[PDB]
Amino acid sequence: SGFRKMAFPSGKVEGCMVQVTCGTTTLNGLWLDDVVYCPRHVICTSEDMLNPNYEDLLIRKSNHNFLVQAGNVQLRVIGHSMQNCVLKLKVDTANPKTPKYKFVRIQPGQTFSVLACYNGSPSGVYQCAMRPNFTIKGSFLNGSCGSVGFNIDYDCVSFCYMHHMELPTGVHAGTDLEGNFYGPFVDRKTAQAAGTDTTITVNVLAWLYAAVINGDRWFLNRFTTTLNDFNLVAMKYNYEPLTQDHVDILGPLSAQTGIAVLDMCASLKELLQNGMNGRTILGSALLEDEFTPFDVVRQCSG
Amino acid sequence: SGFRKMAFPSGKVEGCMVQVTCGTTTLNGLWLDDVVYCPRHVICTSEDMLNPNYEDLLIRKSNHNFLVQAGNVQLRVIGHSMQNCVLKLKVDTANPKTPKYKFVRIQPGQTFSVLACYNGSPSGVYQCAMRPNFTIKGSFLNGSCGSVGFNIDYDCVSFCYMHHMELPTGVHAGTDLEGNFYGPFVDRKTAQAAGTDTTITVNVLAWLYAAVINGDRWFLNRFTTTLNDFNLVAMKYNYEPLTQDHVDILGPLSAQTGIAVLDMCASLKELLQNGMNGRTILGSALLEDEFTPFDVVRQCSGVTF
Ligand SMILES: *C(=N)[C@H](C[C@@H]1CCNC1=O)NC(=O)[C@@H]1[C@@H]2[C@H](CN1C(=O)[C@@H](NC(=O)C(F)(F)F)C(C)(C)C)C2(C)C
Ligand SMILES: *C(=N)[C@H](C[C@@H]1CCNC1=O)NC(=O)[C@@H]1[C@@H]2[C@H](CN1C(=O)[C@@H](NC(=O)C(F)(F)F)C(C)(C)C)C2(C)C
């Protein structure tokens, strides 16, 4: 029993974290085979943070301007290219700790683990979800940049996120490992703010199913709802609209518990109507939205 | 900025997890140098768990009774010994990934990282506190036994916990790596219950300090209390007493925020009496007590390797 916000073992990613330095800028790099991936804004001074021309700044750089350090070893840089907002440094050594990996772009709602690093040393690991507004509610200080988000599937590491910047509201923005930003952000210091956040409705229902399987039944009820009446009510609490696709994904938890998704939707509407009246679900007095249907099955049946 | 329940990187510890099988029981082992550590109750059958005679059950067992598997490779057991509630199996091979490590035993309120494992394969890492009643609120299914708790200080892994059992209340109990239980528990299937839990007061106050640092400041009030007067409120609300010791630990956070510890106590007191009056603190409707002062500093400022 028990239910924990639980990250993947960070071991396979720890073996890939290096320090990338350029001028007075030091941030973190991901060393896979003979390529170090890191945020391109490493090549910006304080000045060129406002309207950087990355193409112009990079053409000024030779291989020898990039100090790559893996623990003690300085890697020798033998090539640099840019792909979108990530800089790719070719090094003369393939990383011997390179795991089986892929690059994946995730959708809002998806969870992944973040290995927070400073100076190419891993600090800590925590579990994140991609918010509907394409930000993550992370924990990152100065020099954290180039810290990555990942999933692990059997022995394969799925890299989905590289950290770039903090927005004024304290939420974080970054790119996939092809360097395309999640959402409408750019690696410039400009007036840009996170859109209005919403609750990830599909995740809350999943978490309620976890509550049932872990033997908590105090919040259900005898009502059901139409998908439309559910969405019309939920949306007034800033909940993401639930789609037929979301219901389909809840098939397995519905079947395992024998509570139809629209029945559990009825429970949710009433929980929003009523709150907790003291009580808790799975040790929380808020409705948890950073557990996907997959995360529940893995932790409560695996 | 931001504040998360954050675990230590598990790499050094993932390199030490093995599978131990004795008869039809499989669980997890910790492989360090040429010894494998795992719960002694691996030797117990369903029958033997009700009234086990460990010294007797153990002496009836030869090394050939113990399958130790590191991935696909069999390790050869060349010796076996018991220390308190942990079985120590000498294996023919030293673990080449053995980190700098020591065994430490923690007090309630201290936090640590748990690496949950099944069949010697690490599944997940989460952050835990040793509860005041010496349980931990874990997430552990069948085969999780031999999952370890640790902290890291630079390159030294300090192992502090090995998982043994689930209490009927759904909370978890285990030992230090010398096999001494945390709390008044025994490794038999017999009926056991967690005593009544209390809230780790110093940790809430540390967490409230973490709130102030992230600009969540609404709960500050003008009032200050005294330790004596506060601790009377604490007891009523099933809160651990705040000691002179506890107050001194918070000096860094008091100094960093300019909020006196007994001032922060007044905010806390008022919160217990009044509730949160709608609001949340760092996105929680509950007062959080599983972040230590050291945990808060290692994330909100640095010292984070
Ligand atoms: C990488 N080391 C930091 C990560 C930041 C620092 C504080 N916590 C973090 O997660 N990244 C940066 O310094 C990026 C970098 C320029 C400015 N910047 C920011 O994080 C800033 N953000 C913005 O100005 C905003 F909102 F517009 F994006 C700041 C708020 C000053 C921390 C670039 C290229 C975005
Ligand atoms: C190790 N593989 C399991 C892990 C358990 C399984 C359910 N959740 C967990 O964390 N631990 C055990 O097999 C221990 C072990 C015998 C029985 N046991 C229990 O978990 C039982 N608990 C107790 O006996 C209790 F409550 F009294 F502490 C169970 C009835 C399954 C809850 C021994 C030696 C205690």
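Every chain is numbered from 1 and lettered A, B, ... according to where its sequence line falls, protein lines coming before strand lines. In each ligand, atom 1 is the first atom listed, and ligand 1 is the first ligand listed.
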PDB drug name, ligand 2: nirmatrelvir (bound form)
Chain with most contacts to nirmatrelvir (bound form, ligand 2), per UniProt: 3C-like proteinase nsp5
Chain letters near nirmatrelvir (bound form, ligand 2) (heavy atom < 4.0 Å): B
Residues lining nirmatrelvir (bound form, ligand 2), heavy atoms within 4.0 Å: B:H41, B:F140, B:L141, B:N142, B:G143, B:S144, B:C145, B:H163, B:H164, B:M165, B:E166, B:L167, B:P168, B:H172, B:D187, B:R188, B:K189, B:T190, B:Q192
Under 4.0 Å to a heavy atom of B:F140 - the qualifying atoms of nirmatrelvir (bound form, ligand 2), by number: 8 (N), 9 (C), 10 (O)
Modeled covalent bond for nirmatrelvir (bound form, ligand 2): B:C145 SG
UniProt domain of chain B holding most residues touching nirmatrelvir (bound form, ligand 2): Peptidase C30
Residue and atom name of the nearest protein heavy atom (relative to atom 31 (C) of nirmatrelvir (bound form, ligand 2)), distance in Å to one decimal: B:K189 CE, 4.8 Å
Nirmatrelvir (bound form, ligand 2) to chain B UniProt active site: nearest residue, heavy-atom distance: B:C145, 2 Å
B:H172: numbered nirmatrelvir (bound form, ligand 2) atoms lying under 4.0 Å from its heavy atoms: 10 (O)
Within-cut-off N or O pair, B:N142 and nirmatrelvir (bound form, ligand 2), under 3.5 Å: no
Atom 18 (N) of nirmatrelvir (bound form, ligand 2) [closest protein heavy-atom partner, distance rounded to 0.1 Å]: B:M165 CB, 4.1 Å
For atom 2 (N) of nirmatrelvir (bound form, ligand 2), closest protein heavy-atom neighbour: B:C145 SG, 2.7 Å
